[PDB]
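Reading through the structure tokens given below for one structure.
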Amino acid sequence: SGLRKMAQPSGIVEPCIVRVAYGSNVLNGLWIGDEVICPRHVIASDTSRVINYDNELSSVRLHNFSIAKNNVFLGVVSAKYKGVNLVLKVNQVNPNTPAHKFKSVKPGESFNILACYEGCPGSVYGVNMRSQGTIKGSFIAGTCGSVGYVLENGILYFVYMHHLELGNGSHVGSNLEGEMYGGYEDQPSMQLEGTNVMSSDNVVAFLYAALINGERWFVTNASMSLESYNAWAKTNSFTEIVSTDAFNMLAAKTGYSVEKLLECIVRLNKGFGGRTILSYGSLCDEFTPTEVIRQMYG
Amino acid sequence: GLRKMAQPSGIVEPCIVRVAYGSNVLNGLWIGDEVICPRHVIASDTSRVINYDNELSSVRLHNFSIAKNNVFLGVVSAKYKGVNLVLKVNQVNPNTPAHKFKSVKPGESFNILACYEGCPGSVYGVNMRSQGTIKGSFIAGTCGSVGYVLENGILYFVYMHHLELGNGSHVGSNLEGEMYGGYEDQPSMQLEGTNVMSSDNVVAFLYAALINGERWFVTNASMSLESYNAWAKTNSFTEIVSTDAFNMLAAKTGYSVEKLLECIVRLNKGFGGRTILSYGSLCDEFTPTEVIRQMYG
Ligand SMILES: *C(=N)[C@H](C[C@@H]1CCNC1=O)NC(=O)[C@@H]1[C@@H]2[C@H](CN1C(=O)[C@@H](NC(=O)C(F)(F)F)C(C)(C)C)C2(C)C
Ligand SMILES: *C(=N)[C@H](C[C@@H]1CCNC1=O)NC(=O)[C@@H]1[C@@H]2[C@H](CN1C(=O)[C@@H](NC(=O)C(F)(F)F)C(C)(C)C)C2(C)C
């Protein structure tokens, strides 16, 4: 029993984290094969104002890169841009390169963060992508280049690299192909995050998780049609639920229908009545159906 | 915001092995030429009270199956160290990290590598409660999951999961075989005493909320240490010994401990339908050091 936000083990990722220093900047890079991927603003000469990245690359001095891994230093063969990331060919192949691929995370989907502080892996925790392409990820100075990953079927999927924090605290990064999530720019100009639309699928999983744990104070016999909830959702900043069949395993092991839990969302979105669900005071959309079934049925 | 985080688990992952005895399957910690696991893996009937010493006398060492990826281990001998089975195996763990054994105390945080039938599945942070229990997420086949803490470049093994109480609390032992809270590894109903909340950790939890911009719960009102402790003794909260541990947190936020102590007494009554860091009640799971780490590095 129990439910905790969890991160898949980071052992397979830790050997790929390196310190990348250049000029006045020090951050993290991902050492896979004979490459070191890192945010391209590591070569920015002035991070206090807008950056001309075309000019910064045209004047790059490969000798100024200082990439380190324990007592090892990696020399840079060449440097190019791939989106908002620098691709640095290095003089050594990482002997601990795991079988891996690359992909992008979509809103409402969970993945793991290896928070690294200037080349030194510091912590590991799970996150969930928000509607606007952001995450809440406890990133501070020196943590750019920190890697987000997902483990599945023996393959390591790199899916996120950290870049910046918005004025409202939300955190922004890119996939390893250099595409910033949410369309944000790696420029030190003020940027806005639109309204946060909560994942309806994740909230249903959060309520199914409480029922399985034996917490049943919030459920009633009242139900709500999917079409009615979706109408309420697109008015209250909640995503639409495409099918009740997507929770067929959770409804079958608890005996509770999805339409029953939809009623609970609109009712609980008004307030928890001084009580809590799994210690939370409000609805939580950071747990996916996959992520609940894992914790609780193996 | 604020989230429970785990220290990187790479140094521990190579030590986890699947331990199977008959139809029983759980996890073990492979250190040196030894595999440590909960001793009830050899129990013939985990629904009844177990005569462990007699069960070990009737153990078939060859009935064990211990494996991890491309590693398969054979058992040479078996003994008990407290509630843990210590199996000497015919191969050393080539990646045994330098480490020590110690016990965590109430209010202290540490990391749990959740393992499912030999496969490290997840890692997450936990906090030791007053009655020697923790609130995690353990299910069948997760016994033997190891808890660890990295302090000062030193790896410490501090926990091995064993059972779940009727109220959902989770019980394990240190790596020396001593059960936390004195519970027994027997299928017998046992009760957890009244939980005493860590006042140090709640003050850190409120400091973190202030850092995140959530300051609706604050006021210029304050409460002396002597006054709070007199209140803590009769409301299931620990006493605060000094404000030095928060000197830094107070330096940045500019908020004093005595201000936050008043907030505890007031917020202990209820949050009035409002939230603090997504919580609807005071949280004592984050230590001063934990908050200083996440917020400032
Ligand atoms: C990489 N080490 C940091 C990580 C930051 C530091 C504070 N929290 C984080 O997540 N990334 C940066 O410092 C990037 C970097 C220049 C400025 N920057 C920012 O994150 C800034 N924010 C923005 O520019 C904004 F508001 F538009 F998002 C800062 C004010 C320092 C948070 C560049 C090249 C964008
Ligand atoms: C190890 N794989 C499991 C982990 C359990 C199962 C569900 N959640 C957990 O943390 N441990 C056990 O199965 C231990 C083990 C026998 C019974 N047991 C229990 O945890 C049971 N608890 C009790 O009997 C209680 F409450 F009295 F402590 C169970 C009912 C399955 C939760 C032994 C040897 C104690």
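Letters A, B, ... mirror the listed sequences (proteins, then strands); counts begin at 1. Order of appearance sets the numbers: ligands from 1, and atoms from 1 within every ligand.
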I'm looking at ligand 2, any idea what drug that is? nirmatrelvir (bound form)
Which molecule here shares more close contacts with nirmatrelvir (bound form, ligand 2) than any other chain, as the PDB entry names it? Peptidase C30
Chains touching nirmatrelvir (bound form, ligand 2) at heavy-atom distance under 4.0 Å: B
Minimum non-hydrogen distance to atom 1 (C) of nirmatrelvir (bound form, ligand 2), winning option of B:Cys143, A:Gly2, B:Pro187, B:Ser47: B:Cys143
Ligands and ions closer than 4.0 Å to nirmatrelvir (bound form, ligand 2): none
What part of B:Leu163, side chain, backbone, both or neither, has a heavy atom within less than 4.0 angstrom of nirmatrelvir (bound form, ligand 2)? both
Just jot down the nirmatrelvir (bound form, ligand 2) atoms closer than 4.0 angstrom to any heavy atom of B:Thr142, in number order. 2 (N)
In terms of atom number and element, which parts of nirmatrelvir (bound form, ligand 2) are under 4.0 angstrom from non-hydrogen atoms of B:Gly166? 26 (F)
Which option out of B:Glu164, B:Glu192, B:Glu117 puts a heavy atom nearest to atom 9 (C) of nirmatrelvir (bound form, ligand 2)? B:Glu164
Proximity flag B:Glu184 to nirmatrelvir (bound form, ligand 2), non-hydrogen atoms under 4.0 Å: no
As deposited, to what residue and atom does the covalent bond from nirmatrelvir (bound form, ligand 2) connect? B:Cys143 SG
From atom 33 (C) of nirmatrelvir (bound form, ligand 2), work out which of B:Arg39, B:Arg48, B:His40 has a heavy atom at the shortest distance. B:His40
With heavy atoms only and a cut-off of under 4.0 Å, state how B:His170 meets nirmatrelvir (bound form, ligand 2): side chain, backbone, both or neither. side chain
Under 4.0 Å from a heavy atom of B:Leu165: give me the atoms of nirmatrelvir (bound form, ligand 2) that qualify, with their elements. 26 (F)
Under 4.0 Å to a heavy atom of B:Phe138 - the qualifying atoms of nirmatrelvir (bound form, ligand 2), by number: 8 (N), 9 (C), 10 (O)
Does B:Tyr52 come within less than 4.0 Å of nirmatrelvir (bound form, ligand 2), judged by its heavy atoms? yes
Would you say B:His162 has any N or O atom under 3.5 Å from an N or O of nirmatrelvir (bound form, ligand 2), going by distance alone? yes
Which option wins on minimum heavy-atom distance to atom 6 (C) of nirmatrelvir (bound form, ligand 2): B:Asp45, B:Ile139, B:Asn27, B:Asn167? B:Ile139
Go through nirmatrelvir (bound form, ligand 2) atom by atom and flag the ones less than 4.0 Å from a non-hydrogen atom of B:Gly141. 2 (N)
Which residues make up the contact shell of nirmatrelvir (bound form, ligand 2) at 4.0 Å, heavy atoms only? B:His40, B:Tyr52, B:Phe138, B:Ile139, B:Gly141, B:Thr142, B:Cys143, B:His161, B:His162, B:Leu163, B:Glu164, B:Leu165, B:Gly166, B:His170, B:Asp185, B:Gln186, B:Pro187, B:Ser188, B:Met189
